**Student:** 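The structure under discussion is supplied below as structure tokens; questions concerning it will follow.
Lettering of chains follows the sequences in order, A, B, ..., and the numbering in each one begins at 1. This deposition comes from X-ray crystallography, 1.5 Å. We use all heavy atoms of the structure for the numbers below, so side chains are in, but hydrogens, waters and symmetry mates are not. Just so you know, ligand 1 is whichever comes first in the structure, and atom 1 is the first atom listed for that ligand.
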There are 2 protein chains.
Amino acid sequence: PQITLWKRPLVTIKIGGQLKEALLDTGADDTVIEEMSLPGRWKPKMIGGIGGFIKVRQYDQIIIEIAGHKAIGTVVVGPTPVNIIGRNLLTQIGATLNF
Amino acid sequence: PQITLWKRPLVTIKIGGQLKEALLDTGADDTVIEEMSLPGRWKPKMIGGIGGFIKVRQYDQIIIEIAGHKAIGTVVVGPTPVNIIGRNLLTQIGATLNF
Ligand SMILES: CC(C)CN(C[C@@H](O)[C@H](Cc1ccccc1)NC(=O)O[C@H]1CO[C@H]2OCC[C@H]21)S(=O)(=O)c1ccc(N)cc1
Ligand SMILES: [Cl-]
Ligand SMILES: [Cl-]
Ligand code: NA
């Protein structure tokens, strides 16, 4: 699809068996999801943005279905205000910015 | 152009006659620029990001070139880690997300 940007580019994702709404975010290096359980090992990390840093749990090799497209990569979990699909997974679904 | 997302989508902007680097950010509602001087009056605004909120100075109808494309709109100034071009100006330059 071609998504215009008059409004937030929100899509449905499936992660860890759960459907969630997430923002397609070219400004995010990493994919950041609100608190949930995910399987496997994790390690703590800090990520920073406007307003400062939050502590997250980093899970590797997580599969997410993004608007019907599967992708695998690292997902960090923590007290983000919005679920964010960052560049590490946007690349995997072939997303580009065009103008 | 068509911008892939393997690297941060950084572009050159021109604002007040000065060139700056900025991130094309579909996850940003608003365009947020590091401290600089802009003409006219400003209004207060709070923006909420990943680590909480910040106060910014909102300037309207600012002339800004983005990757060679002319925009005139709202720019807010404050302590952002990087200059971000948000959807308010991405729409003016005709940007879409495509996959
Ligand atoms: C500021 C950017 C360099 C990075 N951010 C992604 C960005 O798109 C966030 C993504 C975002 C979106 C909503 C809430 C929090 C974070 N947007 C944002 O802060 O936008 C602010 C300016 O416009 C306003 O509209 C949206 C919030 C305001 S970030 O959320 O801080 C971020 C930082 C590091 C990682 N790894 C992943 C995400
Ligand atoms: Cl990854
Ligand atoms: Cl590619
Ligand atoms: Na893992």
**Student:** I'd love to know the main binding partner of ligand 1 in this entry - how is it named in the PDB entry?
**Tutor:** Protease
**Student:** Looking at ligand 1, what drug do we find there?
**Tutor:** darunavir
**Student:** Other chains near darunavir with a heavy-atom separation under 4.0 Å: which ones?
**Tutor:** A, B
**Student:** For atom 16 (C) of darunavir, grab the closest protein heavy atom and report residue, atom and distance to one decimal in Å.
**Tutor:** B/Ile50 N, 3.8 Å
**Student:** In this entry, what organism is named for chain B?
**Tutor:** Human immunodeficiency virus 1
**Student:** If the cut-off is 4.0 Å to any non-hydrogen atom of B/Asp25, which atoms of darunavir fall inside it?
**Tutor:** 2 (C), 7 (C), 8 (O)
**Student:** At less than 4.0 angstrom from any non-hydrogen atom of A/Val82, what atoms of darunavir do you find?
**Tutor:** 13 (C), 14 (C)
**Student:** Indicate the residue and atom of the covalent attachment for darunavir, or state that none is modeled.
**Tutor:** none
**Student:** Only heavy atoms of A/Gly48, strictly under 4.0 Å: list the atoms of darunavir that pass.
**Tutor:** 31 (O), 33 (C), 34 (C)
**Student:** To the nearest 0.1 Å, how far is atom 25 (O) of darunavir from its closest protein heavy atom, and which atom is that?
**Tutor:** B/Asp29 N, 3.0 Å
**Student:** Can you tell me which residue and heavy atom of the protein come closest to atom 2 (C) of darunavir, and the distance to 0.1 Å?
**Tutor:** A/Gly27 O, 3.7 Å
**Student:** Which atoms of darunavir sit under 4.0 Å from any heavy atom of A/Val32?
**Tutor:** 37 (C)
**Student:** Taking only heavy atoms of B/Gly49 into account, list the atoms of darunavir that are under 4.0 Å away from them.
**Tutor:** 15 (C), 19 (O)
**Student:** For darunavir, which atoms have a heavy atom of A/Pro81 less than 4.0 angstrom away?
**Tutor:** 14 (C), 15 (C)
**Student:** If the cut-off is 4.0 Å to any non-hydrogen atom of A/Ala28, which atoms of darunavir fall inside it?
**Tutor:** 37 (C), 38 (C)
**Student:** Near A/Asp30, which atoms of darunavir are under 4.0 Å from a heavy atom of that residue?
**Tutor:** 35 (C), 36 (N), 37 (C)
